[PDB]
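Single-structure report; data block below.
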Protein chains: 2
Amino acid sequence: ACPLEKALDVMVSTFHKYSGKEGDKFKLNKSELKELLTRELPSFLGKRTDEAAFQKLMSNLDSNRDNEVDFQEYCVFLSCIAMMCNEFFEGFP
Amino acid sequence: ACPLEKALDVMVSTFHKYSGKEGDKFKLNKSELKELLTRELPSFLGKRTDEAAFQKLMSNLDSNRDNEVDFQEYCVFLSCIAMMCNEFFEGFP
Ligand SMILES: CN1CCN(CCCN2c3ccccc3Sc3ccc(C(F)(F)F)cc32)CC1
Ligand SMILES: CN1CCN(CCCN2c3ccccc3Sc3ccc(C(F)(F)F)cc32)CC1
Ligand SMILES: CN1CCN(CCCN2c3ccccc3Sc3ccc(C(F)(F)F)cc32)CC1
Ligand SMILES: CN1CCN(CCCN2c3ccccc3Sc3ccc(C(F)(F)F)cc32)CC1
Ligand SMILES: [Ca+2]
Ligand SMILES: [Ca+2]
Ligand SMILES: [Ca+2]
Ligand SMILES: [Ca+2]
């Protein structure tokens, strides 16, 4: 009966649902990242799903520049979205 | 529909379910933090937790030392739980 614990469970497991598909099992390459965003975050991705848009995502997220998104970098991304949601509650000051 | 967007929703909404009970409406005080842990993260806390341990947790989450957990501080905490979880999927080395 813990919604917040289930929500941490989904956030972590979803990462691995896609990261294990190709190459490094614990990181998202471009293709695995595209699947995750398109399937799991379509409200974020929204209308725009063109190739130069995923390029910028990869560039924003891949801060250590190994060409993949690891778990820490994915957490930073989810936490950026969480911050944007929080602004709604803070009344958009 | 989208478990990951629903998870983000729960992460962000649970903070505000407790933050707005007392004083600063956007921050958890020591008492609003205890209620959130106790009620929403019971596997993390365990049962019968002493004040030394709680105080440890508070000062750990409270990086700016103002005696409250703000949303940015709460995201660091969750992302640290998440990374502990991620170790299960990874080797644990
Ligand atoms: C089906 N229905 C479509 C729209 N969403 C809400 C979208 C906005 N949203 C949001 C905004 C303020 C506070 C909480 C939330 S939950 C949430 C989670 C992820 C995303 C995202 F997408 F950015 F990652 C957007 C949102 C609710 C579900
Ligand atoms: C097509 N796609 C549709 C959705 N928008 C997202 C609106 C911007 N916003 C945002 C900004 C930067 C990084 C992440 C997010 S997700 C998000 C979630 C909630 C809200 C909130 F709560 F403020 F509404 C706003 C945003 C991006 C473009
Ligand atoms: C009822 N039952 C209690 C036990 N949990 C699993 C506890 C550990 N858990 C975890 C471990 C590895 C991978 C994913 C997860 S989900 C998760 C979420 C939060 C916590 C926490 F608590 F630390 F925040 C612990 C866990 C499943 C449900
Ligand atoms: C009562 N309570 C039971 C839980 N333990 C937490 C120790 C485990 N751990 C952890 C460590 C530091 C910070 C947060 C977390 S939550 C967490 C989630 C999953 C796992 C995973 F995946 F490894 F199991 C281990 C942990 C604290 C005492
Ligand atoms: Ca991979
Ligand atoms: Ca990287
Ligand atoms: Ca408060
Ligand atoms: Ca603080």
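One letter per chain, A onward, in the order of the sequence lines. Here chain A follows the PDB entry, giving residues 2-94 in order. Here the PDB entry sets the residue numbers for chain B, with the shown residues being 2-94 in order. Atoms considered below: every heavy atom in the structure, side chains included; atoms not considered: hydrogens, waters and symmetry mates. As the structure lists them, so they are numbered: ligands from 1, and atoms in each ligand from 1.
- The chain that ligand 2 touches most here appears in UniProt under the name Protein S100-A4.
- At ligand 2, the drug present is trifluoperazine.
- Heavy-atom contacts below 4.0 Å between trifluoperazine (ligand 2) and other chains occur for A.
- In chain A, no residue that UniProt lists as binding Ca(2+) has a heavy atom under 4.0 Å from trifluoperazine (ligand 2).
- Around atom 4 (C) of trifluoperazine (ligand 2), the closest heavy atom drawn from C81(A), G47(A), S44(A), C86(A) belongs to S44(A).
- Per the entry, the species of origin for chain A is Homo sapiens.
- Measured against 4.0 Å, the other ligands and ions close to trifluoperazine (ligand 2) are ligand 1 (trifluoperazine).
- Of the heavy atoms in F93(A), only side-chain atoms (C-beta onward) come closer than 4.0 Å to trifluoperazine (ligand 2).
- Of all atoms in trifluoperazine (ligand 2), numbered sequentially from 1 with element shown, those under 4.0 Å from a heavy atom of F89(A) are 22 (F).
- Residues with a heavy atom within 4.0 Å of trifluoperazine (ligand 2): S44(A), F45(A), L46(A), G47(A), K48(A), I82(A), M85(A), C86(A), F89(A), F93(A).
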